**Student:** 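Drug: dihydrotestosterone | Macromolecule: Androgen receptor.
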Amino acid sequence: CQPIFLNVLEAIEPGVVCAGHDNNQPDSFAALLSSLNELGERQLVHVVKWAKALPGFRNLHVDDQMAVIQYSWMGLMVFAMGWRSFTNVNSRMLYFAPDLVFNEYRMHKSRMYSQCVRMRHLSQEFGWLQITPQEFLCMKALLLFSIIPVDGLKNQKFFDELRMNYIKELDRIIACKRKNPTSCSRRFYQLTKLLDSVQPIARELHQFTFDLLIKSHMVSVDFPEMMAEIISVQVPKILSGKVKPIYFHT
Amino acid sequence: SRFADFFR
Ligand SMILES: C[C@]12CCC(=O)C[C@@H]1CC[C@@H]1[C@@H]2CC[C@]2(C)[C@@H](O)CC[C@@H]12
C-alpha cells in the first residue's frame, strides 16, 4: 500500500530555522530572550506554511485556521524543539536553533530555568519512549488541533471532524507493525499521555512570555511584530480561561 | 496584520 498521510507530513515538515543569535557575545537575559523572540517570529512563518499544507486544513473556516495556529504555536514549537534536542544532542541541551543551543548556564541566564527543565524532560521522553520519527510527525500535527475556545470555533463541526481524523491516523501508525491489541492499546496510552504533558509546559511559557511582554521595555527585550500582537490579543484569552487545551486524560 | 495577511 501507500502511506499517503505519512508521505504528506514528511513532505511538508519545515527545514532548519536559525535564530541569528550572536554567540560571540556574553550571555544576557536581554540578548537571549530577544533571540528566542526573533526565533519565534521566524518559526511562526514556517508553522503557518506547514499548517496550511496539512491534509484537510483548508476545510476549516479561515478565521478558525488562524485561531488554531494562534493558540497552538507554543506547544507546537516546544514539541518540535524537544524532538530536535533529542535527535541532535540527545536531550543533553535544549536545541532551539543551530545557533541557539541552551546549556545549564543559558537556562539560568534566561530566567526560565524551571520551564527549561520541563522542556528538557519532555525531550528525554522522546528517548525513554523510543518515539519514532513517524509518531513524532503525527503527534505534532495533532497538537495543532489540541486547544480551542470554550465558546467553540466559528465552524466547530469541521474542526471536530479534522481532529478525529488525525487521532485515527495516529492510531493506525501505532498498528502498523504491532499485531497485538494490548500492544497498540499501551502505545496509544503512552503517546496521549505524552501529548498531554506538552500542555502544562506551554501554559507556563504562555504566562512567562506574557509577563515579559508587559515589561519588556524595562528589561531591553524586543518582541517582533507578530509575536507582540499574538501575545497580547490571543495568549491572554488562554491565561484567563477563555481558551483551553484538549486533554486526553484529565 | 502581517499574520492576517497570510490568510488574506
Ligand atoms: C517558541 C520558542 C522559539 C521556537 C522554539 O524552538 C521553542 C521556544 C520555546 C520558548 C519560547 C520561544 C519563543 C519566544 C518566547 C515566547 C519567550 O518570550 C519566552 C518563551 C519563549
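Each chain is given a letter, A onward, matching its sequence line's place in the list. All chain A residue numbers match the PDB entry; in order, they span 669-918. Here chain B follows the PDB entry, giving residues 99-106 in order. Both backbone and side-chain heavy atoms feed into the values below; hydrogens, waters and symmetry mates do not. In listed order, ligands and their atoms are each counted from 1.
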**Student:** Which components of the model should be assigned to dihydrotestosterone?
**Tutor:** ligand 1
**Student:** In this structure, which other chains have a heavy atom at a distance under 4.0 Å from dihydrotestosterone (ligand 1)?
**Tutor:** A
**Student:** Short list, please: which atoms of dihydrotestosterone (ligand 1) are under 4.0 Å from a heavy atom of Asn705(A)?
**Tutor:** 14 (C), 15 (C), 17 (C), 18 (O)
**Student:** Considering non-hydrogen atoms of the protein only, which is the closest contact for atom 20 (C) of dihydrotestosterone (ligand 1), and what is the distance?
**Tutor:** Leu873(A) CD2, 4.0 Å
**Student:** Tell me which protein heavy atom sits closest to atom 16 (C) of dihydrotestosterone (ligand 1), plus the residue, atom name and distance to 0.1 Å.
**Tutor:** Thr877(A) OG1, 3.3 Å
**Student:** With a heavy-atom distance limit of 4.0 Å, tell me whether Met749(A) approaches dihydrotestosterone (ligand 1) through its side chain, its backbone, both, or neither.
**Tutor:** side chain
**Student:** Tell me: protein heavy atom nearest atom 4 (C) of dihydrotestosterone (ligand 1), and distance?
**Tutor:** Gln711(A) OE1, 3.6 Å
**Student:** Which UniProt domain of chain A dominates the contacts with dihydrotestosterone (ligand 1)?
**Tutor:** NR LBD
**Student:** If the cut-off is 4.0 Å to any non-hydrogen atom of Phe876(A), which atoms of dihydrotestosterone (ligand 1) fall inside it?
**Tutor:** 19 (C)
**Student:** For atom 6 (O) of dihydrotestosterone (ligand 1), grab the closest protein heavy atom and report residue, atom and distance to one decimal in Å.
**Tutor:** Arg752(A) NH2, 2.9 Å
**Student:** Write out the 17beta-hydroxy-5alpha-androstan-3-one-binding residues UniProt gives for chain A that lie under 4.0 Å from dihydrotestosterone (ligand 1) by heavy-atom distance.
**Tutor:** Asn705(A), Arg752(A), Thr877(A)
**Student:** Tell me the protein heavy atom at minimum distance from atom 13 (C) of dihydrotestosterone (ligand 1), and give that distance in Å.
**Tutor:** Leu704(A) O, 3.3 Å
**Student:** For atom 9 (C) of dihydrotestosterone (ligand 1), grab the closest protein heavy atom and report residue, atom and distance to one decimal in Å.
**Tutor:** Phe764(A) CE2, 3.9 Å
**Student:** Nearest to atom 11 (C) of dihydrotestosterone (ligand 1), what protein heavy atom do you find, and at what distance?
**Tutor:** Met742(A) SD, 4.3 Å
**Student:** Which nucleotides or residues of neighbouring chains are within 4.0 Å of dihydrotestosterone (ligand 1) (non-hydrogen atoms)?
**Tutor:** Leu701(A), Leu704(A), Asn705(A), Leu707(A), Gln711(A), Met742(A), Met745(A), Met749(A), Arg752(A), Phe764(A), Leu873(A), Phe876(A), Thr877(A), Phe891(A)
**Student:** Starting from the N and O atoms of dihydrotestosterone (ligand 1), find every protein N or O within less than 3.5 Å and list the pair with its distance.
**Tutor:**
residue, atom, partner, partner atom, Å
dihydrotestosterone (ligand 1), 6 (O), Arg752(A), NH2, 2.9
dihydrotestosterone (ligand 1), 18 (O), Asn705(A), OD1, 2.7
dihydrotestosterone (ligand 1), 18 (O), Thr877(A), OG1, 2.8

